Each structure stands twice: as C-alpha cells, then as structure tokens.
S.K.: 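Just dropping this structure here.
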Amino acid sequence: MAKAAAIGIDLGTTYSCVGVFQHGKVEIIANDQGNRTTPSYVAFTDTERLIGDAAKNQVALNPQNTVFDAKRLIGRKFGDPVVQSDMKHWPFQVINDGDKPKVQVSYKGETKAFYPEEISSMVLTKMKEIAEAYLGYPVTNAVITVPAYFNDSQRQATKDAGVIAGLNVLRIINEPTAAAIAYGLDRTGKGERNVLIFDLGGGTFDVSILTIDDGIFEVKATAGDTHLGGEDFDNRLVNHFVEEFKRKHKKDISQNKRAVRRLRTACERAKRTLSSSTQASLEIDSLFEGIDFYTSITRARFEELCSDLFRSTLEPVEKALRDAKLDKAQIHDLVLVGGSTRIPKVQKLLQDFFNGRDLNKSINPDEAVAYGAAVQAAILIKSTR
Ligand SMILES: Nc1ncnc2c1nc(Cl)n2[C@@H]1O[C@H](CO)[C@@H](O)[C@H]1O
C-alpha cells in the first residue's frame with residue numbers, strides 16, 4: 001500500500017515539483033491551486049507560516065519574512081564567498097551560528113532563526129502533503145534530486161531536509177541523471193551514450209554532459225551561470241516598459257515599488273504568452289497616478305531585448321564540450337530542462353549550434369526532473385520489496 005509507494009521530488013531553487021509512477025505512467029501532481037509546480041518560498045507572518053504559492057503572492061507586503069533561495073545556502077559555511085556575495089541581494093536576514101548560516105525572521109511576533117535544511121524541509125513537507133492528498137494515503141519513500149555539482153556536504157544537508165520533513169530518502173540523484181531517465185536514455189542497450197542536458201530555470205543556468213555506459217551514468221562535465229535565468233528576461237521586459245511609460249506620459253515609475261512589482265508580474269505572464277504567440281498584451285489598470293497601461297509587445301522585440309542573454313547560454317555549452325573533451329557530433333542526445341527552454345529563440349540558438357539537430361522536449365521541461373525521479377523512486381522501492 002503506502003510502504004510499496006514512492007515519490008520523486010525535484011527540489012528546485014525557485015520551483016519544486018512532485019511526481020508519482022503508478023499503473024505504468026508518471027503523474028505530475030497538481031497542488032491545491034491546480035499548479036504542477038510550487039514556488040520554493042516560505043513566508044512567516046503574524047498568524048501563520050505560508051508555503052508555496054500563498055508565500056509567493058504576499059512577498060511584496062512581507063519581504064523581510066519571506067525566505068527563498070535556501071538551495072543557495074544549503075550545505076555551505078557562513079564564510080563561503082558564495083554566501084557572502086548572495087547575502088547582499090536578499091531582503092531577509094542571514095546570520096552566523098558557529099560558521100553555519102541561519103535565516104532570521106519574525107514569526108507570530110517572535111524572532112526565530114532557521115537552518116537552510118529546516119527551510120527546505122518545509123518545502124519538502126508541502127510536496128509530501130500534495131502527494132498524500134492526491135494518493136489518499138501517506139507516502140513516505142522519496143527520491144530527491146540535486147544539481148550534479150553539489151558536493152558531499154550539500155547532498156547530506158538535502159538528505160537531512162528529507163529526514164526533518166518525514167521522508168525516507170531512497171536516494172539523492174543528480175538533476176541531469178533524472179532528466180536522462182525521464183527520456184529513457186539509460187535503456188538504449190549496449191555502447192556508451194553521450195547526453196547533454198541544457199537546464200535554463202528561473203534563476204540558474206546549468207549545462208551537463210553525461211555518459212551512459214550500459215545503465216551506469218557518469219558526469220563528464222558541468223558548466224553554467226548560477227545567476228542567469230528566466231527572471232533576468234522579465235527584468236529586461238520591465239526596463240523596456242518603464243522607458244515606454246516614460247515616452248508616452250513623461251513620468252518615471254521606477255521608484256514606485258508597487259508599480260514595478262505589478263509590471264514585473266505582468267511581464268512574466270507576457271513572456272510566457274510569447275512562447276506560443278507572436279505578440280502579448282499588457283493590461284494594467286491604474287499602474288501609476290491613475291494611468292492605465294494597455295500595450296503590447298512582439299516576440300521579435302522581446303528577442304531583441306534579451307538577445308545578448310540568449311547568446312550567452314552558448315559559452316558554457318562550448319566550455320562543457322571542451323572540459324568533456326567531446327566535439328558536437330559526439331553528443332548523441334540533447335535534453336531541455338527548465339521552463340525558460342520553452343522560449344523559441346533559445347531552442348533555435350541551441351539547435352543551430354548543434355548543426356540543426358532535434359531536441360528532446362516532449363516532456364514539460366519544468367517537470368522532466370520530477371518525472372525521472374518518480375521513475376527511479378518506483379524502481380528503487382520495487383527492489384526494496
Ligand atoms: N512558456 C514559458 N515561456 C517562457 N518562460 C517560461 C515558460 N514557462 C515557464 Cl515556467 N517559464 C519560466 O521558467 C521559469 C521556471 O522554470 C520561470 O522563470 C518562468 O517564467
């Protein structure tokens with residue numbers, strides 16, 4: 001029943017996803033708001049603790065007590081130059097508890113501090129409760145994914161997050177391995193297979209090169225930009241619309257925090273529309289000083305605004321190929337991971353770099369990692385019996 005059931009969790013920097021393999025198919029489980037992915041946000045308020053969508057929706061009104069990016073802190077020391085650099089950009093407080101970072105917040109009127117693994121365990125508890133509500137019984141066995149470059153301390157702290165959440169962690173697997181499992185790239189019989197995973201998320205970009213030799217996976221190279229993602233494209237749309245508002249009304253909205261956030265969420269939505277339409281419309285009632293902002297943007301203008309950012313994704317691909325000591329023609333499969341890989345210009349640039357090659361993209365790229373983890377979780381729980 002429950003002891004023979006296992007879930008696959010994609011614990012992401014910005015979004016998390018949960019899948020289950022049953023009756024020969026993977027089901028990506030929708031949350032109570034109908035969404036197949038849940039924001040990796042935890043809000044601490046005057047009355048409650050919010051997790052996910054409800055936490056992301058109140059981030060504007062409560063920025064000091066809304067924690068996100070815990071995956072950037074997990075398994076790291078306070079003194080780490082990565083932690084020190086990132087701290088300068090977060091609205092929540094990060095403190096030092098014996099060379100270990102803790103996030104300090106106000107909760108139910110009291111000052112409380114949390115380890116990154118306690119924050120990630122609250123996100124994991126939510127994913128577990130989403131699967132339980134879908135299945136009708138508690139599920140405790142789980143496969144949790146991590147980036148391929150995570151060291152032993154980061155993998156251990158992720159496993160500890162799973163323990164705190166009440167999960168029996170069957171295995172911690174690399175995100176590119178879960179993606180290659182989703183496409184069945186480990187069931188191609190004999191002979192070594194070279195796979196490139198192109199992972200463009202909300203706040204991070206990762207390129208991974210894997211060799212699959214008779215079922216066994218081997219990471220040959222990892223490259224990327226930890227500070228490049230979908231949110232940088234939204235910001236380029238934001239800057240354009242602020243300059244367009246200035247040309248039409250002779251008014252600068254940039255300093256008005258409410259006007260910029262409403263513009264930012266509308267730009268995120270418009271960006272997603274531009275993936276399947278050649279134009280998107282913004283309809284913001286009373287954006288600034290009672291002025292409605294009713295405009296449109298073509299896909300051509302959006303591609304111009306983000307041109308330099310899209311082209312920059314090809315340097316880590318070249319870097320990963322040189323590190324792996326492989327030429328383009330030696331790569332058997334190209335796999336797309338992350339919601340931003342849906343952008344037609346991103347697919348066009350990657351396909352042209354690989355000489356007109358076909359891309360593996362039939363599985364929702366924001367769900368491919370949870371899909372593969374759910375498959376691995378089923379295989380692992382069966383062998384356990
Ligand atoms: N259809 C889409 N076209 C463009 N960007 C998309 C799309 N879907 C998502 Cl999600 N994203 C972005 O992916 C990230 C999450 O994986 C977010 O930045 C989201 O906007």
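Starting from 1, each residue takes its place in the sequence as its number. Quick note: numbers below take in every heavy atom, side chains included, and nothing from hydrogens, waters or symmetry partners. Numbering of ligands and ligand atoms starts at 1, following listing order.
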S.K.: Looking at ligand 1, which of these is it: 6-mercaptopurine, 1-deoxynojirimycin, D-penicillamine, 8-chloroadenosine, SYR-472?
M.R.: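 The one at ligand 1 is 8-chloroadenosine.
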S.K.: Which chain accounts for the largest share of heavy-atom contacts with 8-chloroadenosine (ligand 1), under its name in UniProt?
M.R.: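 The chief partner is Heat shock 70 kDa protein 1A.
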S.K.: Give the residues of chain A annotated by UniProt as ATP-binding that have any non-hydrogen atom less than 4.0 Å from 8-chloroadenosine (ligand 1).
M.R.: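 Sure - UniProt-listed, with a heavy atom under 4.0 Å: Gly202, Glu268, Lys271, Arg272, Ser275, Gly339, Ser340, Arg342.
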S.K.: Could you see which bit of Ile343 sits under 4.0 Å from 8-chloroadenosine (ligand 1), with heavy atoms only: side chain, backbone, both or neither?
M.R.: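 Within the 4.0 Å criterion, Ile343 contacts 8-chloroadenosine (ligand 1) through side-chain atoms alone.
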S.K.: Show me which atoms of 8-chloroadenosine (ligand 1) lie under 4.0 Å from any heavy atom of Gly230.
M.R.: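 In order of numbering, the contacting atoms are 18 (O).
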S.K.: Pick one of side chain, backbone, both or neither for how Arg342 approaches 8-chloroadenosine (ligand 1), counting any non-hydrogen atom pair under 4.0 Å.
M.R.: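 The answer is the side chain of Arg342.
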S.K.: Only heavy atoms of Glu268, strictly under 4.0 Å: list the atoms of 8-chloroadenosine (ligand 1) that pass.
M.R.: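 Listed by number with element: 19 (C), 20 (O).
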S.K.: Hey, is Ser340 one of the residues with a heavy atom under 4.0 angstrom from 8-chloroadenosine (ligand 1)?
M.R.: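 Per 4.0 Å heavy-atom rule, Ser340 contacts 8-chloroadenosine (ligand 1).
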S.K.: Which organism does the PDB entry give as the source of chain A?
M.R.: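 The entry lists the source of chain A as Homo sapiens.
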S.K.: Number the atoms of 8-chloroadenosine (ligand 1) from 1 as they appear, then name those within less than 4.0 Å of a heavy atom of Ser275, with their elements.
M.R.: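 Once the distances to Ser275 are compared, the set is 1 (N), 2 (C), 3 (N), 4 (C).
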S.K.: Could you pull out the residues near 8-chloroadenosine (ligand 1) at 4.0 Å? Heavy atoms only, by chain and number.
M.R.: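 At that heavy-atom cut-off, the site is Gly202, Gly230, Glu268, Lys271, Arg272, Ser275, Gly339, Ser340, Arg342, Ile343, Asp366.
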